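Contents of the following structure include fedratinib.
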Amino acid sequence: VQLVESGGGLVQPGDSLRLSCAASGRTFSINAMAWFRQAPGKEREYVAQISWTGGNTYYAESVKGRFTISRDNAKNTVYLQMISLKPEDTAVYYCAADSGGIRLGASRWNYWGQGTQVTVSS
Amino acid sequence: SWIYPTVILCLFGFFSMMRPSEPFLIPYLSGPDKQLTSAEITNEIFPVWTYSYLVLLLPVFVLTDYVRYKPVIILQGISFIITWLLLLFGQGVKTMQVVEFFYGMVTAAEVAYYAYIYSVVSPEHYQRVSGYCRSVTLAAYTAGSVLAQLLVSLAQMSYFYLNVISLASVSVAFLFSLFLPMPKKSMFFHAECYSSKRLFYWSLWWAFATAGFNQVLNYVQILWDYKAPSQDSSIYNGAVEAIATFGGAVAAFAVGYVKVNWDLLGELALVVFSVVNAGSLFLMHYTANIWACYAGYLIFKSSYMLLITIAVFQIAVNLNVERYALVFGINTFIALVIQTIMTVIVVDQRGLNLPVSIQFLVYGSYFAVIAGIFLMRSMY
Ligand SMILES: Cc1cnc(Nc2ccc(OCCN3CCCC3)cc2)nc1Nc1cccc(S(=O)(=O)NC(C)(C)C)c1
């Protein structure tokens, strides 16, 4: 799968942002997708998780209550709606698909996205 | 003549049962190593153990006696290595279901460990040698759990480097398994009783009580991780699992020490201590405190072992050694049918898909309905 992101940018505090993730190419075997975050001078941080076959979501405690991750199998896209933004969120947001099968690896997530920039400030 | 097969079999039992990573499983599975959502572990992966154990129980029991007990002990040692190689490097939800299947083999193949000794030792040196082999299994898992906590706490050892010690331990276990003498007779191949009032009655409480016990111990580390996530606060899984294992051992030992006739005090003692299991299962569910949830686990495990001992003692009072195998083999299979039906309806994703928060309100009430049925059965 080739995950390409969209919808980043600079938004003041209190404004929203929806980020997309168009998975394509081998989309037949996807059983979970996630969003990660890498703020400046830090490491990748879990932000959310959505199951493909079902719809069960799972959010990081810090971002829960204002982040919502939804699937759109019809078009194979994944969304992340972020509300009540504050200047401490600015990062680069990455997609991560756990494609499927019996695998040996270091990370649950096989393929990763390029990254989309959120610059919350004024 | 009896010291060589027991020394090699006790060394296999000690090293195969020493696995520091066992208490820190859900903390490991739901961590940064194999990050898996709690609902994915409880409702998708874990059910696969009871499904696979149920299927691979009769074939392995018949296989263990057809070919000698040794061939199947070596199979158990292999399944130990495969399980911990996938538990270390395997990723995804579907690989963890394969790990559940291979642990069903590990649990279904332990019949040959205890059955092996009977066919390689004289009848007189059986109860004594059967005690040596059973006690070395408890000492290994109680010492292994204590080692896990003493590293995770005073040494800050990662959960990943506890499965490496578990893999190193079971790899040594599958080195003595190749050195045990090959038996020259089985029990049945190469070598109606339920009509008794006591044996059928005592087998039903055993089968029903043990089925719930396996269910409770199954989704118990999930409960602990729910009341106190491992990534936020300190979790004493290793110290709790060691004390509970030690406490259960003393409960079984004390049952055989006090000389009380289990006929005028046999049914009452199984309703009083079955109520304690229900009372201890609601506490684990209704309490926000993690320490009170640990204490409920101690009382449940200690209390249960105090009756499976009384139930087993009463079952095996007139049966031969040859009839223990095919009477405790049926009861272990009936308990799995009970466990599978409860797992399909309650925990399975295709069933009710209940989370672990509400599950213990069912397990706690499960033990309360067994006590009432065995108290309301005394009708006049
Ligand atoms: C390597 C591994 C792979 N899959 C699993 N899944 C699993 C989790 C809990 C299980 O308990 C069901 C009831 N048990 C009660 C004792 C016998 C079975 C059975 C299987 N556990 C694993 N290790 C494990 C971790 C914590 C506890 C247990 S256990 O209580 O079931 N078995 C002993 C550790 C006592 C040997 C086993």
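Order of the sequence lines sets the chain letters (A, B, ...), proteins ahead of strands, with each chain counted from 1. Per deposition record, electron microscopy, 3.0 Å. What you see below is based on every heavy atom in this structure, not just the backbone, and it leaves out hydrogens, waters and symmetry mates. As the structure lists them, so they are numbered: ligands from 1, and atoms in each ligand from 1.
- Counting every copy, the structure places fedratinib at ligand 1.
- Within 4.5 Å of fedratinib, most heavy-atom pairs belong to the chain that UniProt identifies as Thiamine transporter 2.
- Under a 4.0 Å heavy-atom cut-off, the other chains found next to fedratinib are B.
- The shell of residues around fedratinib (heavy atoms under 4.0 Å) is B:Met17, B:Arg19, B:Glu22, B:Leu25, B:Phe46, B:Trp49, B:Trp84, B:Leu87, B:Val99, B:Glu100, B:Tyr103, B:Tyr141, B:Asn214, B:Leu217, B:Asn218, B:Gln221.
- Near fedratinib, meaning a heavy atom under 4.0 Å away, lie these transmembrane segments of chain B in UniProt's N-to-C numbering: 1, 2, 3, 4, 5, 7.
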